[PDB]
Engineer: 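Got a PDB entry here containing thalidomide. Few questions.
The residues of the chain are indexed from 1 along the displayed sequence. Just the heavy atoms: all of them, side chains too, but no hydrogens, waters or symmetry mates, feed the values below. Ligands are counted one by one from 1 in listed order, and the atoms in each one are counted from 1 as well.
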Amino acid sequence: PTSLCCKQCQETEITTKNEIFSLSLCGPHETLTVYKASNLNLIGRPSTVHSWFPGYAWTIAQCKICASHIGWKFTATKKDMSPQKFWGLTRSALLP
Ligand SMILES: O=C1CC[C@@H](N2C(=O)c3ccccc3C2=O)C(=O)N1
Ligand SMILES: [Zn+2]
């Protein structure tokens, strides 16, 4: 009911509406950023190439059940950043 599940298989809860926060600046969208996620397997090592959140690297994250590409784990390159990690999830890969 606050639950966001992999659209492809509908088995797994990936995150909840409670975990949602915003990195985007409110002064002078398609990607959902959450503090915490579940049931995702990480593929490969982190990379900073073309990172959508400067200062973070990304690791591909797919549903552990059906292997659908739901988003990425973003990890901080520097110790002084917060949060040190979060998830960027493709909204259309989630239900609702
Ligand atoms: O933060 C990110 C993570 C995902 C990442 N990405 C793509 O989705 C992608 C698709 C095809 C080639 C290269 C990339 C690429 O680096 C991207 O451009 N930025
Ligand atoms: Zn799935």
Engineer: Help me out: which ligand numbers or chain letters belong to thalidomide?
Structural biologist: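 Short answer: ligand 1.
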Engineer: By the name used in the PDB entry, which chain has the largest number of heavy-atom pairs within 4.5 Å of thalidomide (ligand 1)?
Structural biologist: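 It is most in contact with Protein cereblon.
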Engineer: Taking heavy atoms and a cut-off of 4.0 Å, what residues surround thalidomide (ligand 1)?
Structural biologist: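 Residues with a heavy atom in range: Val49, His50, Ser51, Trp52, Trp58, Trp72, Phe74.
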Engineer: Is atom 2 (C) of thalidomide (ligand 1) touching the protein, meaning some protein heavy atom lies under 4.0 Å away?
Structural biologist: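 Within 4.0 Å: yes, protein heavy atom nearby.
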Engineer: Identify the organism of origin of chain A according to the PDB entry.
Structural biologist: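 Per the PDB, the source organism is Mus musculus.
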Engineer: Which of the UniProt-annotated residues for Zn(2+) binding in chain A lie within 4.0 Å of thalidomide (ligand 1), counting only non-hydrogen atoms?
Structural biologist: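 A heavy atom under 4.0 Å occurs in no UniProt residue.
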Engineer: For atom 7 (C) of thalidomide (ligand 1), is the nearest protein heavy atom closer than 4.0 Å?
Structural biologist: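 So far as the 4.0 Å threshold goes, atom 7 (C) of thalidomide (ligand 1) is out of reach of every protein heavy atom.
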Engineer: I'd love to know which residues UniProt tags as binding (S)-thalidomide in chain A are close to thalidomide (ligand 1), meaning a heavy atom under 4.0 Å.
Structural biologist: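 The UniProt (S)-thalidomide-binding residues passing the heavy-atom test: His50, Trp52, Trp58.
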Engineer: Check this for me - thalidomide (ligand 1), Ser51, N or O atoms closer than 3.5 angstrom, yes or no?
Structural biologist: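 No: no nitrogen or oxygen of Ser51 is under 3.5 Å from one in thalidomide (ligand 1).
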Engineer: Measure the distance from atom 4 (C) of thalidomide (ligand 1) to every protein heavy atom, then report the residue, atom name and distance (to 0.1 Å) of the closest one.
Structural biologist: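 The closest heavy atom on the protein side is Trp72 NE1, 3.3 Å.
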Engineer: Of all the atoms in thalidomide (ligand 1), which lie at a distance below 4.0 Å from a heavy atom belonging to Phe74?
Structural biologist: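 Near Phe74, the atoms of thalidomide (ligand 1) are 1 (O).
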Engineer: Would you say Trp52 has any N or O atom under 3.5 Å from an N or O of thalidomide (ligand 1), going by distance alone?
Structural biologist: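 Yes, at least one N or O pair falls under 3.5 Å.
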Engineer: Provide the UniProt domain of chain A home to most residues in contact with thalidomide (ligand 1).
Structural biologist: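 Chiefly UniProt domain cult.
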Engineer: Please report which non-hydrogen protein atom sits nearest to atom 16 (O) of thalidomide (ligand 1), along with the residue it belongs to and the distance in Å to one decimal place.
Structural biologist: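 For atom 16 (O) of thalidomide (ligand 1), the nearest protein heavy atom comes out as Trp58 CZ2, 3.5 Å.
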